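What follows is a deposited structure in which one can find diethylstilbestrol.
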Amino acid sequence: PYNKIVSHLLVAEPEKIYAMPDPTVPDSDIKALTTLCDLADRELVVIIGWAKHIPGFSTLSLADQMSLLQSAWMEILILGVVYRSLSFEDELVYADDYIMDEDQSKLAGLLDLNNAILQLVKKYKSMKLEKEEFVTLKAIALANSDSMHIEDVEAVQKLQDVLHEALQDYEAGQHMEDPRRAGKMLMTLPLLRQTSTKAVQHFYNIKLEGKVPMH
Amino acid sequence: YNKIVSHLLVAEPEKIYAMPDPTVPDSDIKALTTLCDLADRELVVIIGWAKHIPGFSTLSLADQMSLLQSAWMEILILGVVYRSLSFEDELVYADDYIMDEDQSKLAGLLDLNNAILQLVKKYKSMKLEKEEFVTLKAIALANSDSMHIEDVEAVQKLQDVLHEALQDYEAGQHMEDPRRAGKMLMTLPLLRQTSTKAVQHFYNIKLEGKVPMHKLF
Ligand SMILES: CC/C(=C(/CC)c1ccc(O)cc1)c1ccc(O)cc1
Ligand SMILES: CC/C(=C(/CC)c1ccc(O)cc1)c1ccc(O)cc1
């Protein structure tokens, strides 16, 4: 018997989402990037519904809800990719039907970024990150996104406390062998934030270059 | 009482002053020039401070420089933040160089300084103590995530030694909040984010050659 928040978060996990790359269209960076952006777009739609399932989130004002999502969507997407890539080696599982190896990365111009994301994967691998910890870290990442536009700081901190508490309690009961596992999990957040920032900046140097824009 | 924390306390370098020059009329170039020179001198002191962190100088000199290379700005920023806790909407880069909103606009540092203040705000609300400050500073260095680390295991060991010290300190001094250590650790992402913005601003200024950069250049 362990944490109810954690079990609930496991139950609230979105069903698999597919990239669905178009076979008819020949491989090319514009293709890969176009595919990754459509996938992300569809995942973002899902993240909004998913967020309603987070204990303590729906009680925030709509403005604060949007501010948190706006600041943490990339961290949430990246964590997902990372968790799906744990049983793999030097490959990123953006989706079951879209797994990127080194060559597919070079061919898309995502070598640097994908290598940075692989660094997150590596750290979580060594720790043997569990699905329970993964879902709790996603919610924590959302609550701890540090938006400068928050209207109700106290309420946001309460969301953080509730999820932080769930993690600490889960670790206390399932990993008594390492009394600092909760802390180690929290210490992975800086790299997540850092990697998300590099991804966002990348998504701009291309949306910008007229890569696959209109935006 | 905690040994690691006590040691970090006495290992604190003493104050470094900015020493702004009056023969020079205030401008943006003056502010940037001043801040860069201040950072340069703080960096010399930081390198020596790191050698006193338990298990640090014992790492390969490569790993040693790797952690510093990835964490120097976070360490600089945490200092400014800590020194600014007692103030309001002001940044104490040094006792003789306190920047308010007006000065930030003049140096073209309004957005960066506002971001740094966001960090001050969080720590002010938590009532960050000196003991927690020095410990987080050491943790920021050890948890800097350099992509060049040779001995990962040893670096993780260093993180664990500092983390245990923080966890132990919070258990004794703050049994009132059984989650204080975790909350301290949760401020690290904002520290990384703000430092990244600082570094980006810094290298853009260099790229633009906006500041008369010596140093052998
Ligand atoms: C790194 C690819 C990516 C994105 C986000 C749309 C991207 C696309 C193009 C770029 O130039 C940079 C990042 C992404 C897609 C789905 C996820 O679950 C997580 C990340
Ligand atoms: C944010 C100003 C700054 C720097 C350090 C070089 C700076 C200067 C000019 C820039 O364009 C960007 C950053 C700094 C100085 C002392 C500290 O303890 C911490 C940070």
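The first sequence line is chain A, the next is chain B, and the lettering continues from there. In order, the residues displayed for chain A correspond to 233-447 in the PDB entry numbering, which applies throughout. To match the PDB entry, the residue numbers of chain B are left as they are there, and the shown ones run 234-450. Recorded method is X-ray crystallography, 2.1 Å. Atom set for the values below is all heavy atoms of this structure, side chains included, hydrogens, waters and symmetry mates excluded. When a ligand or atom number is given, it counts from 1 through the structure's own listing order.
Most heavy-atom contacts to diethylstilbestrol (ligand 1): the chain UniProt names Estrogen-related receptor gamma. Lab note: other chains with heavy atoms under 4.0 Å from diethylstilbestrol (ligand 1) -> A.
The distance criterion of under 3.5 Å between nitrogen or oxygen atoms is not met by A:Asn346 with respect to diethylstilbestrol (ligand 1). At a heavy-atom distance under 4.0 Å, atoms from both the backbone and the side chain of A:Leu268 approach diethylstilbestrol (ligand 1). Mapped onto UniProt domains, the residues of chain A touching diethylstilbestrol (ligand 1) mostly lie in NR LBD.
Heavy atoms of A:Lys439 found under 4.0 angstrom from diethylstilbestrol (ligand 1): none, in either backbone or side chain. Of the heavy atoms in A:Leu309, both backbone and side-chain atoms come closer than 4.0 Å to diethylstilbestrol (ligand 1). In terms of polar-atom proximity, A:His434 is counted as a contact of diethylstilbestrol (ligand 1), with an N or O under 3.5 Å from an N or O of the ligand. At a heavy-atom cut-off of 4.0 Å, the residues contacting diethylstilbestrol (ligand 1) are A:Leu265, A:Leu268, A:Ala272, A:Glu275, A:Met306, A:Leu309, A:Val313, A:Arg316, A:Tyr326, A:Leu345, A:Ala431, A:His434, A:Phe435, A:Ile438.
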